[PDB]
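Here is the naming used below: chain letters follow the sequence lines, and residue numbers restart at 1 for every chain. First listed ligand is number 1; within each ligand, the first listed atom is number 1. What you see here is only part of the deposit, and the contact count is restricted to that part. Reckoned from all heavy atoms, side chains included, excluding hydrogens, waters and symmetry mates. Going by what the header records, the deposited coordinates were determined by electron microscopy, 2.8 Å.
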Amino acid sequence: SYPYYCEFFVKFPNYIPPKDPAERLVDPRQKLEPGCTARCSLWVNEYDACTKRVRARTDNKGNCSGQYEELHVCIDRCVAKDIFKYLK
Amino acid sequence: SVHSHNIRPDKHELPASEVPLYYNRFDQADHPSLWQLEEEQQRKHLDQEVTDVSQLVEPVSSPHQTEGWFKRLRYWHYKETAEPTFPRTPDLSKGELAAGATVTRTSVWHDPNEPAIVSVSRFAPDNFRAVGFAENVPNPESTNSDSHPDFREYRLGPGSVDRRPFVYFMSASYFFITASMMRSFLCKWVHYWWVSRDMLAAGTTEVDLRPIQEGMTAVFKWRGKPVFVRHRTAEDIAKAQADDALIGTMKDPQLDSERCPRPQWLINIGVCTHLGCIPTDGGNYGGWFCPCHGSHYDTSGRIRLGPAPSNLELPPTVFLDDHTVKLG
Amino acid sequence: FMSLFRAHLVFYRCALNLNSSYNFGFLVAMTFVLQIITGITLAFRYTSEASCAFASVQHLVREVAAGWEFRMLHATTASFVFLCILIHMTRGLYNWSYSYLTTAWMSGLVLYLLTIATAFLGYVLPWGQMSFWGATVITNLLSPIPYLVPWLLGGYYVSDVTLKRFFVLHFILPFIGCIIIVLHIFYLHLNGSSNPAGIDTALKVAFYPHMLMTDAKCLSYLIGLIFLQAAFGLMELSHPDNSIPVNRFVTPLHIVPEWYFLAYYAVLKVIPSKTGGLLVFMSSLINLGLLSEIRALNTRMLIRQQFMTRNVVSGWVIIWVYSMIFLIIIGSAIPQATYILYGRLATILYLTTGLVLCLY
Amino acid sequence: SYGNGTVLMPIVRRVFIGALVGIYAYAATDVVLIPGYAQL
Amino acid sequence: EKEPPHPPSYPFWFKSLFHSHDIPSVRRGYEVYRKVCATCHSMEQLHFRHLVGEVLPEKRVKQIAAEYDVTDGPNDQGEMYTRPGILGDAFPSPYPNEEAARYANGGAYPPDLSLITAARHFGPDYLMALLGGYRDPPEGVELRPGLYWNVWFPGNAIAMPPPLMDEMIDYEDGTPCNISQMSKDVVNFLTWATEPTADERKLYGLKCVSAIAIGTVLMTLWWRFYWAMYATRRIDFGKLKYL
Amino acid sequence: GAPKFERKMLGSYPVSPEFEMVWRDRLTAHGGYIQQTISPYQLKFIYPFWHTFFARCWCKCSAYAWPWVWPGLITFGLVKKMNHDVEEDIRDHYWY
Amino acid sequence: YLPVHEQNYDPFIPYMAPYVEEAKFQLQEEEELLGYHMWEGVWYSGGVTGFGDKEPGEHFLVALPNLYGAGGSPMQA
Amino acid sequence: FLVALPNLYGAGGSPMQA
Amino acid sequence: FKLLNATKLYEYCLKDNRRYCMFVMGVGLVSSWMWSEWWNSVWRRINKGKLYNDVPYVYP
Amino acid sequence: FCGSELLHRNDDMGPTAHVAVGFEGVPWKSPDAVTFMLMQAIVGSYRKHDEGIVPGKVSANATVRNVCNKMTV
Ligand SMILES: CCCCCCCCCCCCCCCCCC(=O)OC[C@H](COP(=O)([O-])OCC(O)COP(=O)([O-])OC[C@@H](COC(=O)CCCCCCCCCCCCCCCCC)OC(=O)CCCCCCCCCCCCCCCCC)OC(=O)CCCCCCCCCCCCCCCCC
Ligand SMILES: CCCCCCCCCCCCCCCCCC(=O)OC[C@H](COP(=O)([O-])OCC(O)COP(=O)([O-])OC[C@@H](COC(=O)CCCCCCCCCCCCCCCCC)OC(=O)CCCCCCCCCCCCCCCCC)OC(=O)CCCCCCCCCCCCCCCCC
Ligand SMILES: CCCCCCCCCCCCCCCCCC(=O)OC[C@H](COP(=O)([O-])OCC(O)COP(=O)([O-])OC[C@@H](COC(=O)CCCCCCCCCCCCCCCCC)OC(=O)CCCCCCCCCCCCCCCCC)OC(=O)CCCCCCCCCCCCCCCCC
Ligand SMILES: CCCCCCCCCCCCCCCCCC(=O)OC[C@H](COP(=O)([O-])OCC[N+](C)(C)C)OC(=O)CCCCCCCCCCCCCCCCC
Ligand code: HEC
Ligand code: HEM
Ligand code: HEM
Ligand SMILES: COc1cc2[nH]c(C)c(-c3ccc(Oc4ccc(OC(F)(F)F)cc4)cc3)c(=O)c2cc1Cl
Ligand SMILES: O=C1C(O)=C([C@H]2CC[C@H](c3ccc(Cl)cc3)CC2)C(=O)c2ccccc21
Ligand code: FES
């Protein structure tokens, strides 16, 4: 019914100026992604494990969509903290 | 009242002469007046001091009484399962109770040494009192405990202010907030019946006049109402101008030249000024005639006869070209 | 009728120790009156046509002065109707009010049935996906009898005819409500209210000055809270999926009724036989009805004190409440084996703890 | 009881107890026993 | 089937209780919508009337409406015709019926966006996440042609192509264009379009709730005023104790 | 309502309609009593509430501990264990 | 709470028993000697429904006994 | 009219018998 | 309380119920409008540079 | 002057109830003393047993008149 629901105690960022007027012709997400990639390493570990085991089992059925989904949900939930500091 | 009793025989619940749920030891007096004496000779537990919950006297009755599946409450006293024809005889040697049925349908009250009329007199329900009665049964002196505060520590005494202003200010404040809110509600509810924000009634239009022929009336749509454009003949013009000599007599006097800035072109809002019907072609003055109550208009738009109070209303208009007009 | 007004709402004498838990009846009545006002003013602009009902409700919000306010007050006050009713019921399960307020308790049950019917009829009128498929489900649920369902529908499937008659029925039922409320209060004041202590007492006090002000205070709180939720939207009381136009050949991928219907939904998820499903509702309502004459089911003389304070055993009503909340939780979730397993556990608890109230 | 006007709630009592016995019998037949006889 | 994940909470300016919408973002979101998303979606409930005074000045809105041909009639001959749009007309749509829309989009139907954030869970956070969500398939999964993998769409496979591309559009205030920025601005615009009466609603709410709370304090005091006279009463049995 | 032996009046003046409920619920004052009240304009009325706050709150909270909280804790437990079971199922059934 | 020195008594003394037993006797004999049949009456007359009640207007279909006047009370007849 | 219906329970009565 | 009693608001405006009603109505009338304009100003103060008026459109 | 009640409830002394109500007055020397002496007379008195020659139901004193016509008895 409502377009959205109110959230308490939200923190609203101040617009960090780009150091070069050209600096944000490239997506700011690229500058936040590495750190979060490093923080979600356990999901990378498990995804690579499942990849190996699927490639090995040889009965010709298997996939690792679960762990992949978890990996990217982790990375996104990390990126969401700082992305709005770089957008007007 | 609307409530029944439930005195009936029952096979899950034996009668109280058989299995009483209360503690069945009672003292008995020869005359209830004697119960006075004991109240001024016994000791009482509430006359004596204790300080901790662990010192409170322990109940005489046993915890272990009622049993069965899903029975939370384990202790009860009274039941209304019905008595048989021949009840179980109370044993007075054990101080068991004798009451109602067990007096009427039993030999319990019999004594060898005493007349029967004297003997029965001791078995009214006032002659029996439980064991522990004088020692445990409370009889308050007040609803207030001396360990709690009553009005004496809250009363505003000599030297105090008057508080009527404050009380009535409090309630007046409540009421004026209340009234503001109520007025807001009614205003919103009224406003909700008003016309919607999509309508707006705005607009303007233009008309090309080349195709029209003399003596013809064309009709167009404008701001929700009809508009007549007529290319009058010379005789229509003459009819309109001949009645300028009788302007004295009209209900809404006006001269033709105002209504036809270009004499051969007549323009009006196509609506009866009486109650909103649309006049038809004709009438007595070669103009228009309204069928709803019979008003007549002339070849210029003027009200000549009938209940309508004014001439046909002129729309805000301009001739853009020799052959084109603008409405609105 | 003024003399009656004075006898029942001014000079009527209550017990001194009636705390807030005895104020919720007045509250449900007030939500009724308020819901009636907003109802009538919504009817003036609603369209009862399957082709255009949805856009009719959107027109109020978009193009009408204060259009949004009445729709949202009407939507949100329903939740408070049901919340207040449930508090009001649980109070009297807790106190064993039905021991002597026999016909009042029966009348109560009838009013609750009326309210369920009224709400569900309302729920179809905005005519979105959830409305259409909800109507489909509940009409299929009462199928056991031939031809009754096409007759009540009006048609072989949910249709504009169905909308028209649902609209008229939703118009009418609340007022029948009001009549039954008068009947309710007759039975009540025939007897007189109970105490929280469950004793009989002579320390009575009149209504107008003392209890009327508590009624007013709680009324202020409730008006407050309704407006808070209505204007700002703190809680997601209603699911988003009624915002989508109807499609007769595609269901919504996730389904969640209004909260006051979730427990029922949970049952329909976990019992295998459909008739068993329906019979659970019938049986539980019959059990509640049976409490009206609990004095007869035993020959021990009854008391109203349930001694639930400080009690490690708790009480069957509390277990009932927690079971019902658990069922709401499971209602909300997807169909999966483990949810169904704990569902069946909770369902058995909910049924048993209702049966057992009669066994004193 | 004699001298009382409540005459229609007793009937409803007996009907309700009846109906519950009914419903539970049928539910035991429907939900448990008939499947059980496929597992027996 | 599965429980889909829940998006993160972004700090959109509006989701506070005291904040309005952020109108420059709304302007930019409208520009994005016109240049991109209006290629396949529709907003049948919106009319240009809605933009004047709330988002844009009237003159500019008239000039926007003039860019479209809108069908009208019948005329004197009973034929239909086309004219330049006016302030009173609804937004145009790319397809004449649902069947054509499905025919152009490989069978799937692009939903009408007039209420989109109120028609999904977590609304704008879900939409913001979805527009970020496109990724390569995981090991052991392959999707048939004209279907894409997205980590936030339920069941992970979606028919809408990757939506955004840097400097695919341009802004008039000067702000730089990139997919993240476009995401934020278009989500702002759609959230506004879902209910333009939001700010009115909230500003009225504030006054209402404040006054009602002050009310509540006053009524509490009035109730206690009468509580105290019977809470402090004395009742004696037999003889008088105190005075 | 009241038993007939309690609602029997001593007076004989006709009960006015606006007092109906008052005399349907008549009760005898066995033994009599004495009562005193002070006008609320001559009492403090927000200090007596806070003066007795701790006692009242101790009583109320003590009364509700076992009956309401302990089953609450058990139910909360059950929800947590259900979540455990589901999060293990979802991997057993669908992860290789 | 009361002070602990006010709580030093046994609450479970049966002080009503001798009277409850008598009441049971008295109310059983009336059932035996009067209530043994389903007696037949005149319907909706005298303020009572006619199916057994002896107090006026205790049931809904005999509510509102008057339309004018000042009413009255059963206890003052 | 505003003093109609003097009773809700009981048997009523008549003014002439007071 | 001494201050309030010194203003003699009770004697003149609250001791008679007709005047009580006059007071209620007029104070309502004025207070509501003051409260409204104050909340308007707050709504403009917190949202500076976000509202439509604060950031004019400049034509291309 | 304190505004309070002091009630002795007693149902074993017959059907009649006795009551007195009081307000704060003025001193002997007050200017308004005379007016008070007059107000006492404006309200006056009544006895059902002994009545003079004027029926209470037609008396010029409106308070007596209203009391004597209550419920017609
Ligand atoms: C194809 C597959 C087939 C598979 C087949 C498998 C079949 C398995 C069947 C199992 C049956 C178990 C029951 C046997 C009963 C035997 C009875 C007997 O011998 O009676 C003799 C004899 C009968 O004589 P009696 O004269 O009746 O005397 C007894 C008294 O009447 C008693 O009264 P009292 O006054 O003396 O005692 C106090 C009284 C009163 O006590 C109280 O009132 C206290 C209440 C305290 C409650 C406090 C709660 C607080 C916490 C609340 C938390 C919140 C929860 C809610 C919210 C959660 C969220 C949802 O206590 C009670 O009422 C006790 C009630 C116990 C209930 C136990 C229920 C077990 C159910 C098992 C499942 C059955 C199927 C379910 C349905 C399936 C679908 C239809 O009784 C006794 O001597 C007493 C025996 C009592 C035994 C109780 C404990 C039984 C333990 C059984 C263990 C079974 C394990 C199964 C594992 C299965 C693995 C696969
Ligand atoms: C999906 C799965 C689940 C399914 C659901 C499962 C549910 C299971 C649980 C069931 C819960 C309990 C259900 C009710 C049991 C009642 C048992 C009973 O007899 O109690 C005796 C008991 C007194 O017995 P007693 O103590 O021995 O006293 C002896 C006296 O001589 C007795 O005289 P008295 O003056 O003292 O008593 C008042 C007297 C006289 O009362 C009056 O004169 C009051 C008249 C008010 C009329 C206002 C209009 C009502 C229109 C019907 C609304 C129904 C809504 C249903 C909700 C769902 C909606 C979709 O009424 C009665 O004695 C009761 C008569 C039977 C009532 C039946 C109520 C339910 C069915 C009604 C609808 C039938 C369907 C066709 C119509 C449907 C139209 C929508 O009375 C009550 O406690 C009744 C309380 C009030 C409740 C009923 C109010 C409505 C009255 C309707 C009367 C029939 C006309 C209907 C309209 C027809 C033309 C359109
Ligand atoms: C608005 C109303 C209109 C004004 C006029 C009044 C209308 C009523 C006429 C109908 C009554 C005819 C029967 C006459 C019986 C005479 C017996 C006698 O000597 O009197 C003393 C006797 C009581 O003296 P007592 O024995 O000392 O009292 C102890 C207790 O009775 C406790 O005794 P217990 O615990 O020892 O158990 C005894 C029980 C032992 O038996 C049981 O408990 C058996 C339980 C088995 C379960 C099965 C259900 C049993 C109930 C049958 C219901 C079927 C009738 C409906 C048929 C529908 C047809 C379309 O005995 C009976 O049940 C025997 C009597 C059963 C008769 C009930 C049905 C009679 C209706 C016949 C005409 C039907 C046409 C209706 C058309 C459609 C409209 C309604 O009277 C009764 O027991 C009364 C029975 C009849 C019910 C009351 C009538 C209703 C009045 C309120 C009106 C509610 C209308 C609501 C609609 C509102 C619209 C807006
Ligand atoms: C007849 C229909 C009336 C509709 C009312 C709507 C009117 C417009 C909006 C409100 C305007 C402001 C109120 C009027 C002015 C105050 C009246 C007045 O003179 O005061 C007299 C008196 C004022 O008493 P006071 O003690 O404050 O002061 C009077 C004494 N002097 C003059 C010495 C100061 O008010 C009362 O005593 C009323 C008693 C009730 C108080 C509590 C009410 C709260 C609400 C209870 C529940 C409501 C639900 C029931 C309604 C049914 C529908 C849901
Ligand atoms: C044609 C190339 C499109 C453009 C441009 C945009 N959208 Fe669209 N959208 C399109 C299709 C064919 C579909 C169907 C997807 C499916 O799986 O069936 C969609 C779907 C959406 C949705 C629905 C998401 C959901 O969870 O249901 C949304 C919210 C959506 N699209 C938004 C959206 C936005 C914001 C766009 C502008 C950036 C946009 N779409 C452009 C087709 C096309
Ligand atoms: C107890 C009384 C009532 C209850 C509980 C109730 C309940 C409801 C509910 C839950 C809705 C759904 C609204 C939504 O989903 O947005 C609704 C809608 C509606 N109700 Fe009722 N209602 C009541 C009384 C009335 C009355 C008396 C009327 C008219 C006389 C009425 C007319 C309507 C209308 C027209 C709608 C459609 C709302 C819309 O389309 O947005 N209601 N009602
Ligand atoms: C529209 C629905 C209802 C309304 C308007 C309503 C109204 C009222 C009111 C005003 C009271 C007296 C004051 C109070 O208790 O708050 C009351 C008491 C009561 N109600 Fe309800 N009620 C409704 C529903 C119900 C339901 C659903 C039940 C039972 C299932 C019920 C049973 C009772 C009982 C037992 C009492 C008296 C309890 C006691 O005196 O101890 N009512 N009702
Ligand atoms: C805190 O403790 C209590 C609070 C209480 N609150 C209230 C509101 C009442 C009450 C309700 C209605 C009524 O008469 C009416 C019937 C029906 C109508 O019709 C309708 F629909 F409500 F408008 C209106 C009016 C008379 C009295 C009580 O008895 C009551 C009793 C207790 Cl113990
Ligand atoms: O699958 C269901 C479903 O099972 C119900 C149910 C919920 C419980 C309702 C209900 C049950 C019992 C009573 Cl007494 C009243 C209402 C009936 C409809 C819905 O409300 C629903 C709505 C939209 C789509 C699907 C569904
Ligand atoms: S409306 Fe034209 S004459 Fe009356």
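Out of silmitasertib, miconazole, fluorescein, atovaquone, binimetinib, the drug or drug candidate placed at ligand 9 is atovaquone.
In this entry, more contacts with atovaquone (ligand 9) come from one chain than from any other, and the PDB entry calls that chain Cytochrome b. The heavy-atom neighbours of atovaquone (ligand 9) at a 4.0 Å cut-off, by chain: C.
Around atovaquone (ligand 9), within 4.0 Å by heavy-atom distance, are found C/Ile116, C/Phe120, C/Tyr123, C/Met130, C/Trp133, C/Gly134, C/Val137, C/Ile255, C/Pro257, C/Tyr264, C/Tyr265, C/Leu268.
Residues flagged by UniProt as binding ubiquinone in chain C that sit under 4.0 Å from atovaquone (ligand 9) (heavy atoms): none. Every atom of atovaquone (ligand 9) is numbered from 1 in the order shown, and the set under 4.0 Å from a heavy atom of C/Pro257 is 19 (C), 20 (O). UniProt's transmembrane segments of chain C, taken in order from the N terminus and checked for a heavy atom under 4.0 Å from atovaquone (ligand 9), yield 3. Those atoms of atovaquone (ligand 9) that come under 4.0 Å of a heavy atom in C/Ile116, given as number and element, are 15 (C). Set against the non-hydrogen atoms of C/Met130, the atoms of atovaquone (ligand 9) under 4.0 Å away are 23 (C). Considering only non-hydrogen protein atoms, atom 25 (C) of atovaquone (ligand 9) sits nearest to C/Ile255 CG2, 3.5 Å. Measured by non-hydrogen atoms, the distance from atovaquone (ligand 9) falls under 4.0 Å for no UniProt heme b-binding residue of chain C. Which parts of atovaquone (ligand 9) touch C/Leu268 is read off a 4.0 Å heavy-atom cut-off, strictly below it: atoms 4 (O).
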